[PDB]
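Structure record follows, encoded as structure tokens.
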Amino acid sequence: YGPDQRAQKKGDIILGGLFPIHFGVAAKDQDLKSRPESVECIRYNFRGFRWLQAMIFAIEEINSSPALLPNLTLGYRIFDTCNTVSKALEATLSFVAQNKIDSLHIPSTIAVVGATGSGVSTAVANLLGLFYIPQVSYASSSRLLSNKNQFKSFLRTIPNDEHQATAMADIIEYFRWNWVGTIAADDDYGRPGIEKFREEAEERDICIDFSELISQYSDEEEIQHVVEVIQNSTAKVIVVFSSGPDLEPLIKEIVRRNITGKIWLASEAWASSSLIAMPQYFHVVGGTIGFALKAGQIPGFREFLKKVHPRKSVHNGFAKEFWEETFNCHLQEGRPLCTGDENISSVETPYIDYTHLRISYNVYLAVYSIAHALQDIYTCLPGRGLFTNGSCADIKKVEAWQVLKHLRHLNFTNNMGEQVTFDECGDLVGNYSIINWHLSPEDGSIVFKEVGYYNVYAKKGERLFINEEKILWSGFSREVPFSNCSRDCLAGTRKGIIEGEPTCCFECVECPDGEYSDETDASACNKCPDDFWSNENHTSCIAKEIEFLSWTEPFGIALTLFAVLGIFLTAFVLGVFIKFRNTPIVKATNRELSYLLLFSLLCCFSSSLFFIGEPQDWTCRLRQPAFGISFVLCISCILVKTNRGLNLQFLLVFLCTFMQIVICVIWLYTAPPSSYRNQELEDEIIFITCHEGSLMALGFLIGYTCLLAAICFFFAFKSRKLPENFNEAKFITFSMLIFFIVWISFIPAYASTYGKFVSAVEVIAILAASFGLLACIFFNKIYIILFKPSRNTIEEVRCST
Amino acid sequence: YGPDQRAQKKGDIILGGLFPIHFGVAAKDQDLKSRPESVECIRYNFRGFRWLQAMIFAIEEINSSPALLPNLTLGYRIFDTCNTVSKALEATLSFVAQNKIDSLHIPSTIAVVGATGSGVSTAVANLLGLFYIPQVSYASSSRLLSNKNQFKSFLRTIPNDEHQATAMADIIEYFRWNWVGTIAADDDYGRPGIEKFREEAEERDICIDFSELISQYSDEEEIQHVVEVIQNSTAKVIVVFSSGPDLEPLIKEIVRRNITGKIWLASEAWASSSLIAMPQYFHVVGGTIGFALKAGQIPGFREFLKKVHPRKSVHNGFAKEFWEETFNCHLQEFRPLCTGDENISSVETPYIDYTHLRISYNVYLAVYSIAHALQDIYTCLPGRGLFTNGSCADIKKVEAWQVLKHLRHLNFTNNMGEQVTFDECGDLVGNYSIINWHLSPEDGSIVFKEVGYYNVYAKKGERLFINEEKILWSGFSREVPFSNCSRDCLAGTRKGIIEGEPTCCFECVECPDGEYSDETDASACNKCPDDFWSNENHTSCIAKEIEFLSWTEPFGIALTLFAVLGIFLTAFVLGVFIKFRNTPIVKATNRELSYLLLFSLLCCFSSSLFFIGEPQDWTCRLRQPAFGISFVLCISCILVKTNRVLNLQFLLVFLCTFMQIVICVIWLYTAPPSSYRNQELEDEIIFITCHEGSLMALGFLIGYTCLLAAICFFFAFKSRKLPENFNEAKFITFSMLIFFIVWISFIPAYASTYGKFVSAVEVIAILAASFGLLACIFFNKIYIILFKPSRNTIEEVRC
Ligand SMILES: *[C@@H]1O[C@H](CO)[C@@H](O[C@@H]2O[C@H](CO)[C@@H](O)[C@H](O)[C@H]2NC(C)=O)[C@H](O)[C@H]1NC(C)=O
Ligand SMILES: *[C@@H]1O[C@H](CO)[C@@H](O[C@@H]2O[C@H](CO)[C@@H](O)[C@H](O)[C@H]2NC(C)=O)[C@H](O)[C@H]1NC(C)=O
Ligand SMILES: *[C@@H]1O[C@H](CO)[C@@H](O[C@@H]2O[C@H](CO)[C@@H](O)[C@H](O)[C@H]2NC(C)=O)[C@H](O)[C@H]1NC(C)=O
Ligand SMILES: C[C@@H](NCCCc1cccc(C(F)(F)F)c1)c1cccc2ccccc12
Ligand SMILES: C[C@@H](NCCCc1cccc(C(F)(F)F)c1)c1cccc2ccccc12
Ligand SMILES: N[C@@H](Cc1c[nH]c2ccccc12)C(=O)O
Ligand SMILES: N[C@@H](Cc1c[nH]c2ccccc12)C(=O)O
Ligand SMILES: *[C@@H]1O[C@H](CO)[C@@H](O)[C@H](O)[C@H]1NC(C)=O
Ligand SMILES: *[C@@H]1O[C@H](CO)[C@@H](O)[C@H](O)[C@H]1NC(C)=O
Ligand SMILES: *[C@@H]1O[C@H](CO)[C@@H](O)[C@H](O)[C@H]1NC(C)=O
Ligand SMILES: *[C@@H]1O[C@H](CO)[C@@H](O)[C@H](O)[C@H]1NC(C)=O
Ligand SMILES: *[C@@H]1O[C@H](CO)[C@@H](O)[C@H](O)[C@H]1NC(C)=O
Ligand SMILES: [Ca+2]
Ligand SMILES: [Ca+2]
Ligand SMILES: [Ca+2]
Ligand SMILES: [Ca+2]
């Protein structure tokens, strides 16, 4: 037949069931020295007993209601799996026992309410699909069961895990973490979920540090290896796809070693597990964020639950062990002795200490789905069926494949006003709820508080809602933890690569002296336009600096004062000779060449005033010829009076000025000078300077000036001794000598300096030469004429010679 | 009862077997409108038929042998799986029929020769483990079957895929690639293998572009998506963990789109598959590199194979369909009519057209393992058994759990002289061979050429051997392909991050100025230490130059020659004055003062030699006073012999020197100058110069000298017209003018140059001033004393 411990009742139509009443089997590596025996189950499961009671309650309600299946009863045959494949397959062999008589007594089974674990469900479905017996599961959520090529008669009332993996990725992206590790159970439930999560997290630019597998039957060395892998890591957020039985040993080891500060993200299987939500583990598993399914209502279920008895439950064979485990007594069929009149409310167990019904509602829904398919078969009308020619099935000889067909074409409304339909893959979609683990002040137990939800019917990117103010991190903290591999670079600083490490870990390197950085996390430094240079902090770049000899400057003001003083002195000398024209010393110097020379000296100082200021196109063209013309005129006026025909004395000056003017015009027409902004000298600053355009013409001008100064020198030199005109040759020689020594002296500075000081030396040299010429030629004569010798030599000495 | 078509023979002990005689089942979309019927298998598998024949040959050889299991016979019951779970479970229910009757005319099965696919073997083992019936598989290599908490009676004669997944990464690292993609079958064989490969590749710093899943029953849309993923990638190497049936549709679609240039890494399941190794597909799948198992020898297998007959094989129910498929005719119990007189050497099929036996040898060994376990049960001695009190099992009433117990403790030698034994998880270990797909020049078919091996008994990093000169990369090329995400940086450039991409993809950025890099693939430019600056190419860094006025430089030699010439000239004027000491011209002035003046001229000239050369602290501190003191001594000597200066003469000169000396001493105690190596002015040049410490004191040492010179000027200027000592006061004013003119004219250049030329300017100024001071006074006296030996001495202003 099958297992001796069961819950069964007779009826017209029989339903099968598989529930975990125990958490596992005994650890016994049999050595095969004798014939093997049956294995034993260990730890009782009050939640599984409640789920079984939910199935029985639904069946009894259906049998009581006259509106769903009149004059037809339902039976059941329910077994225990102990979360093990081997035990489940023994019970499945009894389900198909009658059907195998024809293919290769127990009444035939129509449908089976599925298992809990995905591996157990796959093992059961492989065998149930041979005979086309429908199977409806309440807890299996693996994506591997959606393949209808291998599983032909599998349905479920629970959604699959792809949406939940995407939800975890969305949560991690919401809190702005990029450095996590993963842990998964080594079975059909954890591995596909963790693979989907990895695929989703890779496209959101999240780096995963470690990934490990665990099991209920792992050994101490494996546990310690996983613990060391966890301990050596800097990541704080850990994502776990597992259940309580598969997770308990690792949690126990971590608690013993006292590892704190971790952030756990829990899947639906262990997010509400009483094996892990223990008060003494809170310093490790406090403040967990996990997922929960949607709750439903079953009105009289609790009153039904409070009625179980070891003696009155004849059809329930698990009630005896339930009573013994609940009250820690022994039942003497005719540790203290059970008396049988105890109170269930006295002992606190997960049997009735619950707030929401989630998987129990799924069991209820699966039973009602099977009942509604049978009712749809019952109420068929001839000619309008789902079979060939519109024929209807026979309710007195209904078969499992016909029940499966009507299950595939099913649509009904539940007790809450919602529609229930199965898709082409036999899946049912639903929302998710997000919970946080708190600590109770009144009792000291774990309290699950809602903090958000995940809406599956919304557009991508608007599925997650979280109320952050209700979250206590690690159970007590109000601050969002930091889970990034490295700190973000700041303004002025740039990212660097570390060899052998993922893209999420980098080094902050400073930007160079020509580039800057505005925001955080720059992968390169930006070069800014050519008229700007980078700031010291390198946050931005400031404008460059323009440098030229300018007015409103202490140096330029002094130069201007010197120039105007020279102009005024020349004007005063001219006025002196104007006043004293008739008198004799003024006449023994050609009267009008003196005026021309003073005019040329005024032209000289004004020429110096050209160089001060910001260079422009129209000044670089005139500044240099202006000094040349005037100084050649000065030299000519001096040379015509030299010791060696009135209109002839006005011919030489015009001729020399004529050659000078002619050279400048040729040069300017063919290659005029122009302004030239200079940036190559320094990166930081810019110079505004004139560009000559032709050095040949400048050399020719300087050569002509030097040649004229030379001929004067040689001729003034040959006749210095003469005492005429107060030793005029002696002073002319001095004036020429001042010229040559000054210009030769300034050559080096022209050769070396490059900035705003090259313009200053030119003004200094011009003023020096002009003053040296004017003073030497004029001041001795102007002295006697006024001041003391009012008449001492004002006539006779001049008159005599 | 059970499946209709089978191979069956009765005996004392019955074995079970499962083989894929068909590649799959018909794609019937069942809508439930009738009582569902059995599905039908479609494509024939000659390789699977040969595998089935190997088991029968082994059993017949065992039955013929008289030294193994004497006076006992072996039977068998063999079914077909068609590579599906559902068909395999129908046969497995017949294997456990009698035991379940005992649990709750059927012969008992003690052992089953396992299936081919890992997914099928898992489902078969889940049911066979309930009754403790041992199962020995020949082809299932998933690592999930090593878990003995779930699979209590599973054994295999093939190694698992951990070493293969490691060897894939070993080969990839050997050929220096870091940009690959992965493809796996969606079952129990491909997913764990691709997971292990991903772990190892991430361990070896290898970047994976994409990862896709395929299946035999994938629709058009999934294949289109996979092809689109493949065709958008720049990766050229693809790792595949799948079989031929699950890989055929994708290969067909890629062939139709005719995508060339890819490098395929094949797992053992499809590395020798005839569904993929077709001459039409060669332009896409040419040059594939894959794995193979080690071949064995069965010394009578081919003659047994060549003897099959549809009418002489009574115990083989597959031979009729084998004959029909082979000869394309019909057997009587519009295809033509078969006879029994065809020759199987005419039609070329994988049945007898093979080179090596790899899985057939595994089947042979799987049968012989059970045979030797039974023999070990047979020859047990009382008190030396494996059971509770040392007892022995009974061969007449043997049981499957006892056979499993003896299987767990098996150790025997096979026909190749090798030892066979199963470890704690019921696994074997074995070598791998590496093959390369070539094209036959004569037949046009595909030839599998061996190019290496993988030794699993060696140490990590010494297990792979590749003979690279035997590899054709696309079937026609001898150059290793390039499969890196980005090109490698050059000598002067470093890496740079590309956001949104893995570490294997980067950009090259040039090193800045003052930094360099030298390795091939740098991630950070290096700042080489101070006193060094980068090259133009930023590849190596060179030493920068030290700039100072050097003795060996010809400018310094010329200045030294000038100084030496001045020193000598002073020596002749002193020697001449020494010769004519008491003569009238030398007696005219005070010779006691002329010697001091000539001695200070040498002191001045030598001060210039203190400027030339590499600066040091003491020379720098000694430069200025050495000239100042000597020149003030000269000036005082001249002054005290001008008109009406009034020994007191010696007093005045020394007193004036003592003032400049004290200013000098007050300077050195409070603010001495020192040497400096200047880095701020330029980048590639280092300047050695002097800071002058306190500039104010130097101001005093210049103003005092200028005032002393100026006073001498005025008083000489007053008396410029007395014809005494050959117009002495005419020449003193000239010397003062020369000194002032030289220093005034040298102002500009001193304040324009802060390089190595400033010292040259100072040297030139000192030399010019000293030469002027010499020639102003002494040249005229010498003029008429070198010649005119005594002409003017008698009455020079009346001597
Ligand atoms: C941790 O790393 C993440 C990922 O780089 C950072 O999130 C980025 O934050 C900036 C500014 O807030 C955004 O412009 C980016 O779009 C974010 N990236 C992503 C992928 O969302 C986060 O700021 C980092 N946190 C800390 C504390 O460094
Ligand atoms: C697996 O392959 C290795 C490498 O070929 C084998 O070791 C070699 O065996 C040959 C034959 O005896 C020796 O000549 C070599 O010296 C061995 N070492 C090497 C590095 O080649 C090994 O025997 C093979 N294992 C099995 C079981 O065949
Ligand atoms: C492709 O990339 C790999 C790894 O980035 C390069 O392998 C390196 O090659 C250099 C020179 O041959 C060796 O010094 C390194 O040790 C190698 N690194 C590793 C991890 O093996 C390879 O050279 C690149 N190939 C091309 C063509 O650029
Ligand atoms: C005002 C002055 N200009 C000097 C330019 C120096 C220069 C700057 C750049 C290049 C060159 C050179 F390479 F051409 F020499 C020289 C000047 C102007 C006109 C006549 C002059 C005659 C005598 C003295 C000065 C004269
Ligand atoms: C060797 C010389 N050192 C002068 C440096 C400053 C300077 C450089 C160029 C020009 C001028 C000056 F003409 F303005 F002084 C000063 C020195 C040392 C000690 C005493 C001196 C007395 C007179 C002259 C030079 C003296
Ligand atoms: N979905 C889980 C089973 C499961 C869901 N909720 C649970 C609650 C408790 C225990 C198990 C479960 C699986 O496939 O394996
Ligand atoms: N070992 C493979 C099957 C296999 C190995 N070699 C083969 C050769 C041909 C066909 C299939 C195979 C698996 O577990 O699935
Ligand atoms: C953890 O760290 C220790 C000490 O640093 C190191 O020796 C060890 O290899 C690491 N182990 C794991 C499993 O990461
Ligand atoms: C199920 O029935 C409701 C009730 O009218 C209907 O609105 C809904 O479309 C039905 N669903 C399907 C899939 O037919
Ligand atoms: C899921 O949640 C959204 C918003 O919270 C709600 O509108 C929707 O009706 C929910 N879905 C179901 C099936 O209750
Ligand atoms: C391949 O590239 C094209 C062009 O960018 C794009 O439209 C397509 O979506 C890509 N394929 C996939 C699978 O992303
Ligand atoms: C198997 O037997 C041989 C003797 O033939 C022995 O050398 C070898 O060690 C044995 N193997 C094991 C694993 O005991
Ligand atoms: Ca009813
Ligand atoms: Ca690494
Ligand atoms: Ca025999
Ligand atoms: Ca990317």
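The first sequence line is chain A, the next is chain B, and the lettering continues from there. Residue numbering for chain A follows the PDB entry; the residues present correspond to positions 20-123, 134-363, 392-701, 720-876, in that order. Quick note: numbers on chain B are straight from the PDB entry, i.e. 20-123, 134-362, 391-703, 722-874, in order. Atoms within each ligand, like the ligands themselves, are counted from 1 in listed order.
By contact count, the main macromolecule holding ligand 5 here is known in the PDB entry as Extracellular calcium-sensing receptor. The name recorded for the drug at ligand 5 is cinacalcet. Other chains in heavy-atom contact with cinacalcet (ligand 5) below 4.0 Å, by letter: B. Scanning all protein heavy atoms for the shortest distance to atom 14 (F) of cinacalcet (ligand 5) gives B:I822 CD1, 4.1 Å.
In the vicinity of B:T780, heavy-atom distances shorter than 4.0 Å reach the cinacalcet (ligand 5) atoms 22 (C). The closest protein non-hydrogen atom to atom 13 (F) of cinacalcet (ligand 5) is B:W818 CB, 3.5 Å. Nearest to atom 18 (C) of cinacalcet (ligand 5) among the protein's heavy atoms is B:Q681 OE1, 3.1 Å. In UniProt's N-terminal ordering, chain B has a heavy atom under 4.0 Å from cinacalcet (ligand 5) in these transmembrane segments: 3, 5, 6.
The nearest protein atom to atom 20 (C) of cinacalcet (ligand 5), hydrogens excluded, is given as B:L776 O, 3.5 Å; this is a heavy-atom distance. Distances from atom 16 (C) of cinacalcet (ligand 5) to the heavy atoms of B:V838, B:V833, B:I777 put B:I777 nearest. When hydrogens are left out, the protein atom nearest atom 5 (C) of cinacalcet (ligand 5) is B:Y825 OH, 4.0 Å; that is the closest non-hydrogen contact. At least one heavy atom of B:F684 lies less than 4.0 angstrom from cinacalcet (ligand 5).
For atom 1 (C) of cinacalcet (ligand 5), the nearest protein heavy atom lies closer than 4.0 Å. Under a 4.0 Å non-hydrogen cut-off, the residues that form the binding site of cinacalcet (ligand 5) are B:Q681, B:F684, B:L776, B:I777, B:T780, B:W818, B:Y825.
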